[PDB]
Amino acid sequence: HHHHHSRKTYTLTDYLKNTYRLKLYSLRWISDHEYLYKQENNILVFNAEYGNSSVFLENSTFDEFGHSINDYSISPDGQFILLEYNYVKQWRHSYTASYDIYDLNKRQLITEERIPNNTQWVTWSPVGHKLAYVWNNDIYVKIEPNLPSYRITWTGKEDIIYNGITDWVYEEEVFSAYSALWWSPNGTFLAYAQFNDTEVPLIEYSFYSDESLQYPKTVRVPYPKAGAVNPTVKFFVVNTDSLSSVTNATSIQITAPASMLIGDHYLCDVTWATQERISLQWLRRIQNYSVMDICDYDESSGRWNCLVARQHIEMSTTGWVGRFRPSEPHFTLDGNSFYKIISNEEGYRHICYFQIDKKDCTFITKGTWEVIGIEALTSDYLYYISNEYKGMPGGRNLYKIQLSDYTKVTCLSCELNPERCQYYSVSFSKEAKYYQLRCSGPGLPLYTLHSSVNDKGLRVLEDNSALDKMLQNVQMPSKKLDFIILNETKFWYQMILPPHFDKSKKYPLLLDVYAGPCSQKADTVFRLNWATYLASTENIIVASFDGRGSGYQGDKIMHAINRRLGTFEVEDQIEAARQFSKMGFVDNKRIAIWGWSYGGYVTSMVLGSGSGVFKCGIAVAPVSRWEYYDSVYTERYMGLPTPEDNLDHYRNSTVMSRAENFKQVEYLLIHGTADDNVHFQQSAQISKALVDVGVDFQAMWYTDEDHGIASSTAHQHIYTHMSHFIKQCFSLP
Amino acid sequence: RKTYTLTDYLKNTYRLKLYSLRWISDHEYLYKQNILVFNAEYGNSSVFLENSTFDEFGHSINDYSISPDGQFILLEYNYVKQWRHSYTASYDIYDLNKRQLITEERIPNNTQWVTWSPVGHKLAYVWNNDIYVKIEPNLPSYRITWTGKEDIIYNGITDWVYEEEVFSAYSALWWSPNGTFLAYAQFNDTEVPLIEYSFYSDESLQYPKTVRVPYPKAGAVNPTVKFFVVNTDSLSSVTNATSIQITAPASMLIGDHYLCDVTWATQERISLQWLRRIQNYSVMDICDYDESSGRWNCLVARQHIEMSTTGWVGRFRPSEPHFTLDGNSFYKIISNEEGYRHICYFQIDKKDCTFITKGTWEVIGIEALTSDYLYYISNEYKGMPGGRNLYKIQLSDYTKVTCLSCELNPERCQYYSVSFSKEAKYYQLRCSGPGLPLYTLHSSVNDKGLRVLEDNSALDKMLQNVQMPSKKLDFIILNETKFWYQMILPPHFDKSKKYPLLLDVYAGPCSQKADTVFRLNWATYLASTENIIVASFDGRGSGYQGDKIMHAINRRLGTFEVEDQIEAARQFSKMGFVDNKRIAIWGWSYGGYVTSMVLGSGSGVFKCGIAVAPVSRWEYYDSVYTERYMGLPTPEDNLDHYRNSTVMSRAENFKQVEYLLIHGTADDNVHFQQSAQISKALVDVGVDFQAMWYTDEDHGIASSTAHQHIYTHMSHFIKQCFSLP
Ligand SMILES: *[C@@H]1O[C@H](CO)[C@@H](O[C@@H]2O[C@H](CO)[C@@H](O)[C@H](O)[C@H]2NC(C)=O)[C@H](O)[C@H]1NC(C)=O
Ligand SMILES: *[C@@H]1O[C@H](CO)[C@@H](O[C@@H]2O[C@H](CO)[C@@H](O)[C@H](O)[C@H]2NC(C)=O)[C@H](O)[C@H]1NC(C)=O
Ligand SMILES: *[C@@H]1O[C@H](CO)[C@@H](O[C@@H]2O[C@H](CO)[C@@H](O)[C@H](O)[C@H]2NC(C)=O)[C@H](O)[C@H]1NC(C)=O
Ligand SMILES: *[C@@H]1O[C@H](CO)[C@@H](O[C@@H]2O[C@H](CO)[C@@H](O)[C@H](O)[C@H]2NC(C)=O)[C@H](O)[C@H]1NC(C)=O
Ligand SMILES: Cn1c(=O)cc(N2CCC[C@@H](N)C2)n(Cc2cc(F)ccc2C#N)c1=O
Ligand SMILES: Cn1c(=O)cc(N2CCC[C@@H](N)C2)n(Cc2cc(F)ccc2C#N)c1=O
Ligand SMILES: *[C@@H]1O[C@H](CO)[C@@H](O)[C@H](O)[C@H]1NC(C)=O
Ligand SMILES: *[C@@H]1O[C@H](CO)[C@@H](O)[C@H](O)[C@H]1NC(C)=O
Ligand SMILES: *[C@@H]1O[C@H](CO)[C@@H](O)[C@H](O)[C@H]1NC(C)=O
Ligand SMILES: *[C@@H]1O[C@H](CO)[C@@H](O)[C@H](O)[C@H]1NC(C)=O
Ligand SMILES: *[C@@H]1O[C@H](CO)[C@@H](O)[C@H](O)[C@H]1NC(C)=O
Ligand SMILES: *[C@@H]1O[C@H](CO)[C@@H](O)[C@H](O)[C@H]1NC(C)=O
Ligand SMILES: *[C@@H]1O[C@H](CO)[C@@H](O)[C@H](O)[C@H]1NC(C)=O
Ligand SMILES: *[C@@H]1O[C@H](CO)[C@@H](O)[C@H](O)[C@H]1NC(C)=O
């Protein structure tokens, strides 16, 4: 006699086998009024206006193909489809693949002059059907899909010269992309970066492969660790309309400002402003100074001129420039003006309006909140996401501001579904006539389509009723999102609370940590994850805290750990734990901490702190000392590890130096052997230091797994392993 | 009141005293304290060098070495370990008759091997893979070889696989008995593939180093070998030394082969043994110096073949010959018709040898040979394969055999080794168990005891206070055949009680884990403090009991020796004092393989286990060892069984057990690879297990801190498996 009360919980197997599936609604805008979507592997076009859809491409159209198709891309003009197959993953964004082009009009595979195997990147021009691709680190252009390619670059060289694609650090830390090609708006020009890794040292590590491989392979990747020789970069623009089968193409170089050339620098943003005007942002290796150049094509010479009178400097006295890099400009149609996110006088990030000829910009938004991103710009309105609503830095809503009157700001998303929806992202149609809103929480995700004309809702695309239906009699956890005041400053936390949460009781507490610069772990997003299991099934509170160095609340918080990683952010997690115990529903003897990546570092620094607050913790793929990690991320926050810069704090902020203090705690250290990002080295050095002072700890290596430890089997194994460790640390049967 | 603790084991609270002498003549020996010479006669000892004669040397002296004539001492410093035996060092020579360091024409830094000639004070050494000879310590050295090249050509020193698996040594230099000739081998690793692994080094090193070592895994291209002899009495300052090659016999040059033994017979006769890559066929060459030629000749009529139809040849390699004084006769250990290893007497000029020992037991080694007597160690006494005693056989009558050690102290002493003086007039006996080690000195003329050198009374006194475990050594019968086991039994062993049991396994070919040796080790702690029985069992494949048992796993690694550890454990649970809910198993090296194969067997006998630096599949291990037992991993040889004998293939069965897998990341021997493939296989079938890597540790995991950490980590694991707080 169970009286239909909820007795199921969200189990580990539920998490690992995806029993409860979040439904997405992924679409790709092709025009201002149409998008594509998949239904049972068929590709449908949907017309946003009248809600209808015709099948665009049958699920069976490439049955005969003979290869499994990984992805596709349709040309802007709708006449060709690019089919990607033989996908082989490289780093976070990079991969190689084979490509075939299918003619949608003639309904046939192009068979002549095919894109080669092992292609590294492919991109349609933004209009028409020109193709640029990179193969063997060289850029090629096809003006028509069945015609011979024009080789643009001849300097490409494996691990040394990269044309049109990024090297390792630029991929992971600057562009968040493999691609380093930018077509001009109408496809006349093709801009590209060339990276030179010639004297960049190699990280070398073993890759064991299938058990058939008799001798392990040594992988060798150019990787600048902090203070090491960095890649250099050059920027070019080629006119694709004046290509020629008989003469090699002329790439016009756009050189960095002298203020950048006097030392090590980076190329940190590329943005076309018009058909004949491109903006570049460069960044000094000491990343507190950046320069935007605005460069016009000179018709009579066929070269590019960046007028000093249109240079813009963005700098910071309290930290680095930008959240992770200088923000990108959104240009007006005429290219004489642009909008960009920068920190205001009070350290808050807001949209500034620039004319290209003027040094002073004027802020169009302000307040003790921040603009997350500029999402679209029309002639009358600018659309942006911000955390203004209710002063909740972990919320996200879409707003629009009238360009002619800045006091006219409308929230488009705030009141749509206030209880269910407080974390929005947006996808606008090609000229902003429609937009898809994606609400990610705190309720179940919700995908809606809107006409921007008068912001009326057209329809619900996906409302996750199937999941809602399944969860009716499952004892799910809740999320408390709130703040504590420390030194007259709000710091936000979230708690994943077990079902039937009773403040009278004392719960074990797991502190789930990132805490890196501009991190945010206290937000309104709904998640089905390991923490859901721990709270639901194992009755553990899983909490996260955004202390100093956290993002989206201004520079006085975010920049507080400048040049001082492994200090305040570490201390604030410990303090968070003390505060959580102060709240009266936490068992002080069963507080644990875990993190991945920066969170691994913090977890480790906390467990080695001697605080006595934490019984145990898990560090997954942690940084152990900053000199081991890449230059652009590390130096952003730490400067250079030289006696004249910041070597002392590099040396003071290691987990190894704290080995002795791990005698007080139970520690599990986990690392993938093929981690190209945070090298296995980092954990190898932790383990060696703990061994050297005689502290027992648990370890797990993951053969051939990288930073994501994301293989289906490894992912299940690591979470199972961590679950056993936590349960035993907390004496849960 | 107290027990033998883990800290006791880890910190060496209770030390075993050795007595390590080094003979200088037929009646004198050195010993450390200070360095005394001792008389074998009287035991009177005048000092040779004061504890700090080298007070103002400045360098920490690793080891010393006196020239045979006593005129010079060689000081070794700046020791840096390479592999198991190999190392690099700096060297200085001190004139004893003048009392001063030689300062001219010194031995280079990073010298790889140095050796005195067997008489006088000639010196040969290896530096940058080339051989140099010094006639006098202060004079310039003559360069013998010019082909030495790092990782590629090795003159007078072994490459990785020859060091580890053939010679158990770095040196490949062999002086003739009076020092006239210097014989040397030359190895060529040119097409041997490289094992590559990361070395993380000190925290200060920003980018890991990639260590690369030529290492032939099973079936890979092997090193090639050449053998040379040079006359050191006709070296020139003007002309280059002329090294005479001795080529391997035509029966070996037909394919891949190995040089497996070098034994000088006389001043002008050298014996070489060669082994085919398929190691069931070896040939001994006897080569004589020709004065008018200046050449060495090995008559095909003097070739002696040793082969096996049931396995490989030798225990780990063909045995060494012991030539009579005139060098026309020799004695060596070979398998007889019944498959037992016994001493055969060969005449240089003929095919048939005659066995001078016989029976169902084995000769372990020929220890010394005189005109009247051959001295040897065997396990004959009481039919106990795990005992060892010294015997002498009257050369004029083989039926006259005296056991010299059996009856000296039968209770305390059943495991002897021996060190004879230069002409076998005196000998030191070393008893290693079952009681406390006992070192005694004896005169061979009448095999009388002279004196106790070390009796470990100091250790005996300390142990009085400690609840020490006992050893049971006994056998069981499987298929009308005896298989021996030993058990470390906790103190106050109550056979009406049910004890947890840990099976300690090696179980490799020619292994022996059941013996009469006394040990203070991890098992002592587990027995004394944790009341765990620690058992070992010598099944099929095990050694010193004849070929029928040893060759039983020929071409079939990971079969019978694995089943027999399982069957042993079953038998132990039927002994009534074993808790069958708490049986574990662990092992290192081959024992990690077997442990892993056992735990993946699905037998249900074992709750848990620990594999340390295990082999996971035979293609990952070196060619010399692996192929000895497995042949080649090719379709026409033994590929199928290479494929059938992996621990990865048993991954699914690890669901029934708790496994701890441990490996050093700089293991040059069993590559970290092997455990990496185990862990991946267990991950891929969703088996949870425990792991531990040891950063920059090698196959020994022998760094002081790492040693303590692994045993501590393992102890927690077994205690938790056994529900011991
Ligand atoms: C990439 O950068 C390297 C420098 O790291 C350039 O190599 C130098 O080239 C100049 C002129 O040819 C020489 O004087 C230097 O000696 C070179 N230095 C080296 C090889 O370390 C190289 O030219 C660059 N390559 C490209 C294609 O831009
Ligand atoms: C072996 O190396 C040592 C140390 O590097 C040598 O001694 C050094 O010799 C240099 C001259 O080359 C002097 O400047 C140093 O003062 C010496 N250092 C020390 C610590 O002694 C030594 O001479 C080298 N070679 C031999 C044959 O001994
Ligand atoms: C060591 O072995 C290598 C590999 O067999 C020998 O190298 C060959 O030498 C011959 C004649 O000099 C060349 O024609 C081949 O091309 C070489 N092969 C290589 C390098 O792979 C080498 O001669 C041997 N060295 C010694 C000292 O015995
Ligand atoms: C002893 O032999 C060596 C090695 O062949 C000779 O040294 C080489 O001589 C050749 C040319 O004659 C050079 O190309 C080599 O580079 C030399 N050195 C080495 C280390 O290979 C040496 O000349 C010979 N000595 C005498 C006295 O004949
Ligand atoms: C937890 N977490 C993330 O989810 C994403 C991260 N970065 C942010 C900067 C841009 C990308 N490189 C992704 N980082 C930063 C980081 C810090 C380290 F110390 C070591 C490794 C990473 C990494 N991937 C994180 O920590
Ligand atoms: C337990 N144990 C030993 O104590 C000594 C061993 N060898 C015997 C042959 C000569 C030397 N290589 C020492 N072996 C053999 C072995 C087998 C493996 F499968 C993997 C690795 C080793 C190794 N060192 C052992 O197993
Ligand atoms: C939607 O409806 C209109 C009818 O006016 C039609 O012309 C258009 O092609 C339709 N699009 C579809 C079904 O995708
Ligand atoms: C790519 O791969 C396969 C061969 O493995 C072949 O069928 C195809 O023609 C290759 N080359 C190109 C240019 O596609
Ligand atoms: C283009 O450049 C390459 C290399 O610089 C050269 O070999 C090739 O001949 C050139 N082609 C033309 C048409 O100039
Ligand atoms: C693209 O832009 C360029 C530069 O303004 C211009 O010359 C060209 O006419 C444009 N092409 C098309 C097809 O609109
Ligand atoms: C940039 O950083 C360096 C080192 O921290 C500092 O000396 C310099 O003044 C900074 N620049 C600005 C504009 O704050
Ligand atoms: C021991 O005594 C003898 C007796 O004369 C003496 O000749 C010898 O040198 C001594 N040996 C040692 C090592 O003291
Ligand atoms: C050493 O043996 C060699 C070769 O037999 C011989 O020529 C030489 O005379 C011997 N030397 C001495 C001093 O015995
Ligand atoms: C050596 O081994 C091979 C392969 O097992 C076998 O065929 C051959 O007969 C053996 N040789 C001898 C002499 O037994």
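Sequence lines set the chain letters: A, B, ... in the order given, protein chains first and strands last, and positions in each chain run from 1. Note that ligands are numbered from 1 as they come in the structure, with each ligand's atoms numbered from 1 the same way. Structure method, as recorded: X-ray crystallography, 2.2 Å. Atoms considered below: every heavy atom in the structure, side chains included; atoms not considered: hydrogens, waters and symmetry mates.
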Drug name (ligand 5): SYR-472
Main binding partner of SYR-472 (ligand 5) (name per UniProt): Dipeptidyl peptidase 4 soluble form
Other chains near SYR-472 (ligand 5), heavy atoms under 4.0 Å: A
Contact residues, SYR-472 (ligand 5), heavy atoms 4.0 Å: A:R92, A:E172, A:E173, A:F324, A:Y514, A:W596, A:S597, A:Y598, A:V623, A:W626, A:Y629, A:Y633, A:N677, A:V678, A:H707
Contact (N/O only, under 3.5 Å) between A:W596 and SYR-472 (ligand 5): no
Closest UniProt active-site residue, chain A vs SYR-472 (ligand 5), non-hydrogen distance to 1 Å: A:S597, 3 Å
Heteroatom distance test (A:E172, SYR-472 (ligand 5)): nitrogen or oxygen, under 3.5 angstrom: yes
Test of proximity, A:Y633 against SYR-472 (ligand 5): N or O pairs below 3.5 Å: no
Nearest protein heavy atom with distance in Å, relative to atom 2 (N) of SYR-472 (ligand 5): A:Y514 CZ, 3.5 Å
Test of proximity, A:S597 against SYR-472 (ligand 5): N or O pairs below 3.5 Å: no
Atom 9 (C) of SYR-472 (ligand 5) - nearest protein heavy atom and its distance: A:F324 CE2, 3.7 Å
Protein heavy atom at shortest distance from atom 24 (N) of SYR-472 (ligand 5): A:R92 NH2, 3.1 Å
